[PDB]
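The following structure holds doripenem (bound form).
Following the PDB entry, chain A residues are numbered 31-275, in order. Counting starts at 1 for both ligands and their atoms, following the listed order. Method reported for this entry: X-ray crystallography, 2.2 Å.
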Amino acid sequence: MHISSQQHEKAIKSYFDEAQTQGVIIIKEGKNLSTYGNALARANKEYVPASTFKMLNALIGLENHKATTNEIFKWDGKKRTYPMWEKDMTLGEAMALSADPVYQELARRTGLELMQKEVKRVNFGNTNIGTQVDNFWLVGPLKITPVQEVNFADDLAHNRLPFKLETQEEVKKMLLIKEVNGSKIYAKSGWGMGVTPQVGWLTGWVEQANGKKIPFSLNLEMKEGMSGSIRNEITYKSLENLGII
Ligand SMILES: *C(=O)[C@@H]([C@@H]1NC(C(=O)O)=C(S[C@@H]2CN[C@H](CNS(N)(=O)=O)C2)[C@@H]1C)[C@@H](C)O
């Protein structure tokens, strides 16, 4: 195809520039990683995974029978940070709404010891969860790089993680966020508001009509009065610019 890589690089940098943030999107094609955006050096820097960890929390919870995909986690009736969270949901609904109370309950069912062992076993990020089973993904000590995140998405997309195949398919079904003319986008968003500066994530893959999977991971700095939806907007623009969707 005819567009220069100079032009692709410049167009993708501009999407980050126009959102007035600093960020990177890593794309993996087969075994080859490509890094785009306006702060390339973020690629191998460690950030908290924030809600991207829901993906692994779900794998672990499901593998270890801490929940089923149809179980309804009841709202306890206490005020939640966001009103969309004050309702009863499955893991899948909770994943789409990035509902931390559901995933905090799941983590507590799993428990500190099984959680530390499982995160070590899958080798996620720096693999350190500390001593608090319900908050290690927001504010430390667990960290991961944008490169390690596309490599996780690539593992999940191909069923290579060390979990039952059915566990992995179950979670993957939870992650479908967009269909764009025959392509399907599976991804999990992330927003660490605790840490300073804030981190935004969108990690996932595109499944093309012909079955090919192209993993990506977007990582940027969120600032106050950014809508969470630039994460998606920058991502879809980047994938469209590259002819992936
Ligand atoms: C985890 O990162 C964090 C969740 N995650 C998100 C998120 O959007 O990734 C939120 S923001 C909350 C849920 N989505 C609503 C906004 N929609 S959008 N399209 O982003 O504008 C509000 C929340 C901080 C957990 C750990 O708190």
Location of doripenem (bound form), all copies: ligand 1
Counting heavy-atom pairs within 4.5 Å, which chain has the most contacts with doripenem (bound form), and what does the PDB entry call it? Beta-lactamase
Name every other-chain residue that has a non-hydrogen atom under 4.0 Å from doripenem (bound form). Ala80, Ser81, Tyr112, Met114, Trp115, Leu127, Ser128, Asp130, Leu168, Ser219, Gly220, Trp221, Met223, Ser257, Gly258, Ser259, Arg261
Using a 4.0 Å cutoff against the non-hydrogen atoms of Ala80, which atoms of doripenem (bound form) qualify? 2 (O)
With heavy-atom distances below 4.0 Å as the criterion, list the atoms of doripenem (bound form) near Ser257. 21 (O)
Would one find an N or O of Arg261, backbone or side chain, under 3.5 Å from an N or O of doripenem (bound form)? yes
Any atoms of doripenem (bound form) less than 4.0 Å from a non-hydrogen atom of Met223? List them with their elements. 24 (C)
Do doripenem (bound form) and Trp167 have nitrogen or oxygen atoms that lie under 3.5 Å from each other? no
For atom 13 (C) of doripenem (bound form), closest protein heavy-atom neighbour: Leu127 O, 3.7 Å
Numbered atoms and elements of doripenem (bound form) in range of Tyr112, under 4.0 angstrom, heavy atoms: 12 (C), 22 (C), 24 (C)
Indicate yes or no: does an N/O atom of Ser81 lie under 3.5 Å from an N/O atom of doripenem (bound form)? yes
Can you help me out: which residue and atom, if any, share a covalent bond with doripenem (bound form)? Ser81 OG
Proximal doripenem (bound form) atoms for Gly220, defined as those under 4.0 Å from one of its heavy atoms: 2 (O), 9 (O)
Considering only the protein, which heavy-atom contact is closest to atom 14 (N) of doripenem (bound form), and what is its distance? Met114 SD, 4.1 Å
Flag atom 4 (C) of doripenem (bound form) as yes if some protein heavy-atom distance to it falls below 4.0 Å, otherwise no. yes
Under-4.0 Å heavy-atom contact between protein and atom 17 (N) of doripenem (bound form): no
Subset of doripenem (bound form) atoms that lie under 4.0 Å from at least one heavy atom of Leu168: 26 (C)
To check your reading of the model: name the closest protein heavy atom to atom 9 (O) of doripenem (bound form), its residue, and the distance in Å. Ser219 OG, 2.5 Å
Enumerate, one pair per line, all nitrogen or oxygen atoms of doripenem (bound form) lying under 3.5 Å from a protein nitrogen or oxygen, stating the separation to 0.1 Å; write 'none' if no such pair exists.
from	atom 1	to	atom 2	distance (Å)
doripenem (bound form)	2 (O)	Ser81	N	2.8
doripenem (bound form)	2 (O)	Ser81	OG	2.3
doripenem (bound form)	2 (O)	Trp221	N	2.9
doripenem (bound form)	2 (O)	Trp221	O	3.4
doripenem (bound form)	5 (N)	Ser81	OG	3.1
doripenem (bound form)	5 (N)	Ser128	OG	3.0
doripenem (bound form)	8 (O)	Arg261	NH2	3.0
doripenem (bound form)	9 (O)	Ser219	OG	2.5
doripenem (bound form)	9 (O)	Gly220	N	3.4
doripenem (bound form)	9 (O)	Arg261	NH1	3.0
doripenem (bound form)	20 (O)	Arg261	NH2	2.7
doripenem (bound form)	21 (O)	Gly258	N	3.4

